[PDB]
Structures are given as structure tokens and as C-alpha cells.
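The model below depicts Neurophysin 2 holding oxytocin.
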Amino acid sequence: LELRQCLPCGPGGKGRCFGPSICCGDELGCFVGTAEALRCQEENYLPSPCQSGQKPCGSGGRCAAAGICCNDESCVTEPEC
Amino acid sequence: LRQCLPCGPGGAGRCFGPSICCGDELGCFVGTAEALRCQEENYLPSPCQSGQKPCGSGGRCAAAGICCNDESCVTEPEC
Amino acid sequence: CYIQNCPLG
Amino acid sequence: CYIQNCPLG
């Protein structure tokens, strides 16, 4: 399915929202409910569907940051990232 | 069981695992520079465990609405 | 919206 | 260490 990435977020917009409160950047880590993740709540009003990152991993989502796997509600360690 | 190494923003959070540093007034850092010091917990002989209100899969409540265990954080509303 | 959470779909 | 991944007991 050909979706857009979701709103960027975090330090200098280097990160992509993976769900309302999860802002992960490839070279950043993942902010889950921190300040860095603020913009990610706006994605909820945008009427178009989005999906962040490529390599789809785990619980339902896809690799968000170095070895982390988040979907729209959870980030777990997962080295398959 | 003690709360693990404090971490993050002026030590105002607590390690919930090697790369997971959460706090009421902070939220969670899963794998950021904030969560680098939690790796130190792995060379403390004493066992620790952060949080009080359990949830999920042997997770506690890391921060408002987030439930973390040693390898993952999840939105959990009753947290 | 997050594909997983979008209205209708 | 993390209770989960210590030597635990």
C-alpha cells in the first residue's frame, strides 16, 4: 500500500511520527510521549492515511529507529531492524 | 527491588530497561541519548525494577498512559 | 491519520 | 541489573 510518511517531528524535524505520541528518527531514537512527539498528535486530523518507515516489523508496524520497532502505539526492541 | 538508575532530563526519569528512560514529567525515551545511561544498570549487581503500577507483560507504568517493560513501551490507558 | 486508525478504513 | 535480565534470582 502506497502511503505517505506521517508528519515529521522531534529535534529539527529529523523524525517521523509513527503514531499519536511516538516520534522516532533513524538517527534519533524514539520519543514516546515526550515533548519531541508533540507534532504527532496533529497527524490525527489529517484525513489522509500515512505510514512511516519501510522495513515492516513485528506487532504490526515497522522499523522506526536503529533496532527499534514501533507501530502506532508501541515501540519494542527488535534487532531485525 | 529498587527503582533502577535515574536517567534523562535532570535525572528526573527512571530506567525501565537498557534503552528506555521514562518519567512522569518526561514521557519515555526508547533508544535516544537520554537513555544511554540505563546501559550502566547492566553492571550493577543489585536487581532493580522501575515503576509501581504494573501493566501489559510484566511492565509497570513508565509514564502517563505509557506502560514499559525492559524491552518495549506501549500505550496503556489505565497507566 | 495513522493508516491503522483512519476513519472509514 | 534489570530484574528480567539479571541473573535474576
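First the proteins, then the strands, lettered A, B, ... as listed; each starts at 1. Computed from heavy atoms alone, side chains included, the values below leave out hydrogens, waters and symmetry copies. We read in the header that X-ray crystallography, 3.0 Å was used to get this structure.
- Across the structure, oxytocin can be traced to chains C and D.
- Other chains having non-hydrogen atoms less than 4.5 Å from oxytocin (chain C): A.
- For oxytocin (chain C), the residues with any heavy atom closer than 4.5 Å are A/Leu1, A/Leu3, A/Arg4, A/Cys6, A/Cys17, A/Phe18, A/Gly19, A/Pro20, A/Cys40, A/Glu43, A/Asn44, A/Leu46, A/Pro47, A/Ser48, A/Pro49, A/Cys50, A/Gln51, A/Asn71, A/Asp72.
- Contact residues of oxytocin (chain C) toward chain A (heavy atoms under 4.5 Å): C/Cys1, C/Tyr2, C/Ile3, C/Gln4, C/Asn5, C/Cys6.
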